[PDB]
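In what follows, a structure is listed as structure tokens, so that the remarks can point back to it.
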Amino acid sequence: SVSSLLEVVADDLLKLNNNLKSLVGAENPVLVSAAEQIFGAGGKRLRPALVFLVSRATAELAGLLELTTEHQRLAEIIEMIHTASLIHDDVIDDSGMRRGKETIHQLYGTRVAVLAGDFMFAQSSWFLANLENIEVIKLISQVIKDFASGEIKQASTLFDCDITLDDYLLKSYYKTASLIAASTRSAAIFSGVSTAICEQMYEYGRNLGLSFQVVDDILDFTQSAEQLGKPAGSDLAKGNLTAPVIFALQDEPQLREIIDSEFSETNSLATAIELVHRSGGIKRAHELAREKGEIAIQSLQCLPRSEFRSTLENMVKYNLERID
Amino acid sequence: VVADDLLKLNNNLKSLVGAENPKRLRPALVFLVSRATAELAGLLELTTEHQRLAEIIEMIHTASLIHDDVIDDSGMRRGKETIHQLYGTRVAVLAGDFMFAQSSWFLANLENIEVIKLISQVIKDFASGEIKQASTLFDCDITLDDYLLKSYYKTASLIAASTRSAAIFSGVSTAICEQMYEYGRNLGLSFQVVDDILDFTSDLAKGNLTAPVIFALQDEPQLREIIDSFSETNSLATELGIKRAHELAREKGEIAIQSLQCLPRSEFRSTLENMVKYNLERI
Ligand SMILES: O=P(O)(O)C(O)(Cn1ccnc1)P(=O)(O)O
Ligand SMILES: C=C(C)CCOP(=O)(O)OP(=O)(O)O
Ligand SMILES: [Mg+2]
Ligand SMILES: [Mg+2]
Ligand SMILES: [Mg+2]
């Protein structure tokens, strides 16, 4: 249960959840309702939780009695950047279901959804500049660039089966892992801990996020749309060749033709899907997630033994057992 | 896309620094306000923050137009994928994001939190207001101040921020910087309402009733009638106001000129003074 997993920082999340409503304002009922749609749809709030967990462990190590106001704002900032990414991702992937509810672009047109994401990006970087830490300012600005860089790169290698796993991990760093890595390090920065601790907190966030996206790519093959709350079996059909396919593409070369066919033949997608399950593609991709999770756990031993650290120890083990 | 705007900008800024020795509008304002405030502060050359502020602003302006043209398909139950391939939707949003991201990334690397607070604010209200623009179309109940505010967020606010951050990067007094925000706001409004005139002389066909139409809809007893709807379909000529539309810009323009009087006599302060005059010269 994600509820029990995030128990030690449950109270911190409830303050954030009651606060995202006003995080955009009230002058614009369209933008307000567009935000209530995706915020109220029921996200997992995993990115604010890790910020909360890292902020507390590194605050105990630094002698702070409570959390700074910039800790609690940072958690609201990362979630709003994550939300802005999802909005722009759905317009890109032509997805009509997010978190069990209809996506914004199919309610208010693609333009308003794009502007809502543009607003959420500038809004978070505006809050972030008001936190006055210049180092976090540049770090998060790098992440906003990484989301666009990965999406342009992911859009240009579709149906290209000679894509390497090296490219696949770099792509998933840009669009998913860079934000999570910057959020865990920026939390350590607002606690004032040493540079080495700052660096290892960033290394936990990038490796947990890397395996997190690998699992997100697995659940597209192994879970239903109703289960995930978002369209399932969509990456392969669009030409986005995730780790199960790249692993599978090494032994069963019939995949190459079907994907280079752009699945034009009727029945081709159904047979290509079973060719992925045919091979050890799904399980070989899972062990890539386990390895990325192994590196993430090692970065935690720099911290003392605390239930904040052991929850952060549990969050990768929860990733490998997650049906979403 | 991003790499192409910087090229013709790096060249256009040189074509002006060469002309100053003995679109293109936004970095010209940054360049001339940068040097005017620079010589006042004892800076013998434009710093790097001034040079890369000019490309920051145009990248925001250009990325704005790209995202503003994203298609509305709300009530489309036909072929969504066909119109998006036809109008390059997925390409437009990705390039606009990357241009928006590289701009704030440049801005973040300048290590001035006051400019970052100001610029991100400009983008924020641009996105919010453009979401709200759907309602104000076909609405009789806007005042002249409500029009100047939508026209601020649309264009004028970005120009005012560019001219004040140019003064901030010269490290001069905050009163001269505040006067530099005032040069841009006004010239921006004065530039927006003169653009709103040029089209009508369609923008009301979609429902954008600018300052000409609000100086009307007052005298013109009805007017609201026609815009209340298809109707007589004729009379869609207009009525036609413009006297209070070429004077509205003339008044804002002389407020911008008045803000330049804190700067000493210089070839940049006079070129900036001629910027307002050249905007009204299109009459
Ligand atoms: O599969 P995607 O990477 O597009 C996704 O994980 C979202 N996303 C977008 C960028 N990083 C992650 P989602 O499946 O939620 O649609
Ligand atoms: C980066 C991608 C994988 C986001 C989707 O997974 P999440 O589980 O993090 O999305 P929400 O719960 O917040 O809706
Ligand atoms: Mg995607
Ligand atoms: Mg997607
Ligand atoms: Mg996915």
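Just so it is clear: chains get the letters A, B, ... in the order the sequence lines come, proteins before strands, and each one is counted from 1. When the header is checked for method, it gives X-ray crystallography, 2.4 Å. Both counts, for ligands and for their atoms, begin at 1 and track the order of listing.
The main binding partner of ligand 1 here is, in the terms of the PDB entry, Probable solanesyl-diphosphate synthase 3, chloroplastic. With zoledronic acid, MDMA, sulbactam, miglitol as options, the drug found at ligand 1 is zoledronic acid. Taking 4.0 Å as the heavy-atom limit, the other chains contacting zoledronic acid are A.
Scanning out to just under 4.0 Å from zoledronic acid turns up other ligands and ions: ligand 2 (3-methylbut-3-enyl trihydrogen diphosphate), ligand 3 (magnesium ion), ligand 4 (magnesium ion), ligand 5 (magnesium ion). For A:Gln154, no nitrogen or oxygen atom sits less than 3.5 Å from a nitrogen or oxygen atom of zoledronic acid, counting backbone and side chain alike. Short contacts between zoledronic acid and A:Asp93, defined as distances under 4.0 Å to a heavy atom of the residue, involve ligand atoms 4 (O). Taking any N or O of A:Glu151, backbone or side chain, none lies under 3.5 Å from an N or O belonging to zoledronic acid.
Looking at zoledronic acid, you won't find any N or O of A:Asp90 less than 3.5 Å from one of its N or O atoms. In terms of N/O distances under 3.5 Å, zoledronic acid is approached by A:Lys175.
A heavy-atom separation below 4.0 Å is found between A:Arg98 and zoledronic acid. There are UniProt all-trans-polyprenyl diphosphate-binding residues of chain A with a non-hydrogen atom under 4.0 Å from zoledronic acid, namely A:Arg98, A:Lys175, A:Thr176, A:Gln213, A:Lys230. Residues contacting zoledronic acid within 4.0 Å (heavy-atom distance) are A:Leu86, A:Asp89, A:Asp93, A:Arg98, A:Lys175, A:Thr176, A:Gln213, A:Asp216, A:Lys230.
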